[PDB]
Undergrad: 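Sharing a structure, written as structure tokens. Questions coming.
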Amino acid sequence: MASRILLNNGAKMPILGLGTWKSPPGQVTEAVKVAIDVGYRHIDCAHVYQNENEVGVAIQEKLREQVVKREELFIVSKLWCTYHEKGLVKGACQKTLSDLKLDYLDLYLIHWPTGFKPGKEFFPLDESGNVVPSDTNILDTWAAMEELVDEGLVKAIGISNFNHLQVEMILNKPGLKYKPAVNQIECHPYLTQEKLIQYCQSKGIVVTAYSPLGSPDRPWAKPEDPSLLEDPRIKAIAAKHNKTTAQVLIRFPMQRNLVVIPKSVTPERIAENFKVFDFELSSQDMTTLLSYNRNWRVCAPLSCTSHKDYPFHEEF
Ligand SMILES: NC(=O)c1ccc[n+]([C@@H]2O[C@H](COP(=O)([O-])OP(=O)(O)OC[C@H]3O[C@@H](n4cnc5c(N)ncnc54)[C@H](OP(=O)(O)O)[C@@H]3O)[C@@H](O)[C@H]2O)c1
Ligand SMILES: NC(=O)[C@@H]1C[C@]2(NC(=O)NC2=O)c2cc(F)ccc2O1
Ligand SMILES: [Cl-]
């Protein structure tokens, strides 16, 4: 396996990065420091996570320390839904850059296809709990993203949580200047995404798998929910390979030509999750893991399900 995948902007992206959603601000600086020390070169960030300043402290220290060069890092962040307004995109990007202590991002993603009313609240609601949309056409948001490339703020742009008709709309945008480099979507053995991934790869868009361990720390977890990490069938595949179940869950998307971004704030697990470049799942193992699909989707925000661009009503 190569450690990096070539994007349609000509840059190479590490196929393993560190996720940072839910990483507490008093733990994420150490987590990212440890991650860089143990070989991670890709960090997945977002303004909505409320921890970019602390991620940035870690990145900056490792750069200052000359543990790594900036060109060796691949830092990803995202444009939140309340900033889809072509006069807010640049400022949102710049705030992320300032917090991360960077002068460019390697990749900046539209976090969701759904624009929300601008303001202080990340999920502005009406009195019945429905998110308040913005009217901004996503094609217009895409044009705003393209400007960020042309201004030097970001090396690549992409999308997240876009369904295939939404990807297609971007690809069919009149006057499209830059194709999306990446679509970042939920993907794991219970939500295998075969249809959406084949579509994206056919267009040359790299897919990043989020929540690859099934997000056991998701705030809405229930004790009765499915558990990838506890699935005896996955544990058996892991045992056959002398690996952990997490290592199998990370290697799985890698062998589908995906990028994968497991989150941890536990130093031992950070180091564990990186030890996935020295074994191979067989094709039979891969097909077996794929067979576990159930369309079990953990990120599906109820408040957004009436938004006209909500992505998950479409089959894929
Ligand atoms: N684009 C989007 O809309 C979107 C949505 C969701 C996620 N994401 C991105 O994808 C990242 C990963 O997804 P996620 O955070 O939802 O969940 P995840 O990576 O599937 O799971 C994280 C959980 O697994 C635990 N864990 C990590 N390694 C483990 C191991 N070796 N053994 C046992 N447990 C382990 C972590 O615990 P500890 O931290 O306590 O070690 C944490 O509770 C996010 O952090 C974010 O960067 C993006
Ligand atoms: N419910 C959902 O699906 C999303 C998931 C999500 N996680 C993530 O990384 N991107 C998201 O948008 C998230 C993150 C937040 F900081 C706050 C809410 C939130 O909800
Ligand atoms: Cl964001």
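Position 1 is the first residue of the sequence, and the numbers go up from there. Every heavy atom of this structure was used, including side-chain atoms; hydrogens, water molecules and symmetry mates were not. Note that ligands are numbered from 1 as they come in the structure, with each ligand's atoms numbered from 1 the same way.
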Undergrad: Look at ligand 2 and say which of lacosamide, fidarestat, gemcitabine is there.
TA: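 The correct choice is fidarestat.
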Undergrad: So I'm looking at this entry - what's holding onto fidarestat the most? Name it the way it appears in UniProt, please.
TA: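 The chain with the most contacts is Aldo-keto reductase family 1 member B1.
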Undergrad: Listed by chain and number, which residues of other chains have a heavy atom closer than 4.0 Å to any atom of fidarestat?
TA: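 Residues with a heavy atom in range: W21, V48, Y49, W80, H111, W112, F123, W220, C299, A300, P301.
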Undergrad: Report the overlap between the UniProt substrate-binding residues of chain A and the residues with a heavy atom under 4.0 Å from fidarestat.
TA: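 The UniProt-listed residues with a non-hydrogen atom that close: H111.
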Undergrad: Which of the atoms of fidarestat are close to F123, meaning less than 4.0 Å from one of its heavy atoms?
TA: 18 (C)
Undergrad: Check each atom of fidarestat against the heavy atoms of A300 and keep those under 4.0 Å away; list them by number with element.
TA: 3 (O)
Undergrad: Just wondering - which UniProt-listed active-site residue of chain A is nearest to fidarestat, and at what heavy-atom distance (1 Å precision)?
TA: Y49, 3 Å
Undergrad: Would you mind listing which atoms of fidarestat come within a distance below 4.0 Å of any non-hydrogen atom of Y49?
TA: 8 (C), 9 (O), 10 (N), 16 (F)
Undergrad: Find all atoms of fidarestat within a distance of less than 4.0 Å from any non-hydrogen atom belonging to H111, and give their numbers and elements.
TA: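 So the atoms of fidarestat that pass are 8 (C), 10 (N), 11 (C), 12 (O).
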Undergrad: Would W220 count as a polar contact of fidarestat, with the cut-off being nitrogen or oxygen pairs under 3.5 Å?
TA: no
Undergrad: Considering non-hydrogen atoms of the protein only, which is the closest contact for atom 4 (C) of fidarestat, and what is the distance?
TA: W112 CZ2, 4.2 Å
Undergrad: Check each atom of fidarestat against the heavy atoms of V48 and keep those under 4.0 Å away; list them by number with element.
TA: 16 (F)
Undergrad: Looking at atom 15 (C) of fidarestat, what's its closest protein heavy atom, distance included?
TA: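 Scanning the protein heavy atoms, the shortest distance from atom 15 (C) of fidarestat goes to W21 NE1, 3.6 Å.
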Undergrad: Hey, which atoms in fidarestat end up nearer than 4.0 Å to a heavy atom of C299?
TA: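 This gives 3 (O), 5 (C) as the contact atoms.
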Undergrad: Of the residues in chain A that UniProt says bind NADP(+), which have any non-hydrogen atom under 4.0 Å from fidarestat?
TA: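 UniProt annotation plus heavy-atom distance gives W220.
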Undergrad: Hey, which organism does the entry list as the source of chain A?
TA: Homo sapiens
Undergrad: If you count the atoms of fidarestat from 1 in the order shown, which ones are under 4.0 Å from a heavy atom of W80?
TA: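 In order of number, 12 (O).
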